[PDB]
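In the model that follows, one finds asundexian.
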Amino acid sequence: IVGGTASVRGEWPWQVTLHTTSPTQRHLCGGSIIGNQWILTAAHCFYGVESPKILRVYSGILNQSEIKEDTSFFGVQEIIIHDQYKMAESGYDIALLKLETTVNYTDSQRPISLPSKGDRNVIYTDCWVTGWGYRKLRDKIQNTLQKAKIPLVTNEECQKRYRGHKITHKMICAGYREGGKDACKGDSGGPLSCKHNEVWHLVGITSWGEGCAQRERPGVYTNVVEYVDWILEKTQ
Ligand SMILES: CC[C@@H](C(=O)Nc1ccc(C(N)=O)c(F)c1)n1cc(OC)c(-c2cc(Cl)ccc2-n2cc(C(F)(F)F)nn2)cc1=O
């Protein structure tokens, strides 16, 4: 996250850190708890992941330094990638992880609601991007979960910024005209979380941008409301 600040214990309890264990254990991507046994994340996270066996899902983490050889984690039973996914920059950047067991919800591990049937025309004005990503282009994974508030931009404006890409109704963009706040390397897969009537909704999945927090270069997110029928199909 560029231009963000440290989160506190319990602030983003749907946020997970997805780790690979091959050839060494490291943070790969963010993700979101959407159900007892379900993480929503980005399909691109699984590039060169040989199988679900090398994945670990850590919930209730504020600082990556908490993760030690005795820290409990969820095994991944199945990675479900959208069947139209080819690469982040061409969309369908969405995946479910089915966990090997159900999360007991606590103050530090809670689900986030999907966008609600009836709110397709809600204008979300309180959206946050979170993650352990770089805080500028040339950086490293951060210890402490970072947060940043970011305004949604019109698809029409987003497409004008990315005329070499298909900015579709299945994408949503967020960014300041003069940049300074954005997702960056290591934040992908995690949530764009918008609060509406004091209820948080998973509006976006961090997917891509050209650069991090450049002017007139909004981040691009998978538009979760456009995949609610797919999510429900796979999870039910
Ligand atoms: C796998 C792709 C992933 C990534 O780089 N992951 C990653 C994880 C771990 C390490 C490590 N050191 O251990 C690492 F080096 C890289 N990714 C790609 C993006 O976009 C490619 C974005 C992005 C998303 C928005 Cl909404 C806005 C702008 C960006 N952005 C753009 C860039 C760029 F251009 F500088 F590469 N970096 N982040 C975020 C993002 O996490």
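The residues of chain A that appear here are 388-623 by the PDB entry count, in order. When the header is checked for method, it gives X-ray crystallography, 1.8 Å. Atoms within each ligand, like the ligands themselves, are counted from 1 in listed order. What's counted below: heavy atoms across the whole structure, side chains too, no hydrogens, waters or symmetry copies.
- The largest share of close contacts with asundexian comes from the chain named in UniProt as Coagulation factor XIa light chain.
- In this structure, the binding site of asundexian at 4.0 Å (heavy atoms) is formed by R413, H414, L415, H431, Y521, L524, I528, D569, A570, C571, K572, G573, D574, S575, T593, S594, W595, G596, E597, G598, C599, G606, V607, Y608.
- The shortest N/O to N/O separation between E597 and asundexian does not fall below 3.5 Å.
- Backbone and side-chain nitrogen or oxygen atoms of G573 are examined, and one is located within less than 3.5 angstrom of a nitrogen or oxygen of asundexian.
- Shortest contact from atom 35 (F) of asundexian to any protein heavy atom: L524 CD1, 2.9 Å.
- Across chain A, the UniProt domain dominating contacts with asundexian is Peptidase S1.
- Between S575 and asundexian, at least one pair of N/O atoms sits closer than 3.5 Å.
- Rounded to 1 Å on heavy atoms, the UniProt active-site residue in chain A nearest asundexian is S575, 3 Å.
- Annotation: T593 places no N or O atom under 3.5 Å from an N or O atom of asundexian; distance criterion only.
- Considering only non-hydrogen protein atoms, atom 14 (C) of asundexian sits nearest to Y521 OH, 4.1 Å.
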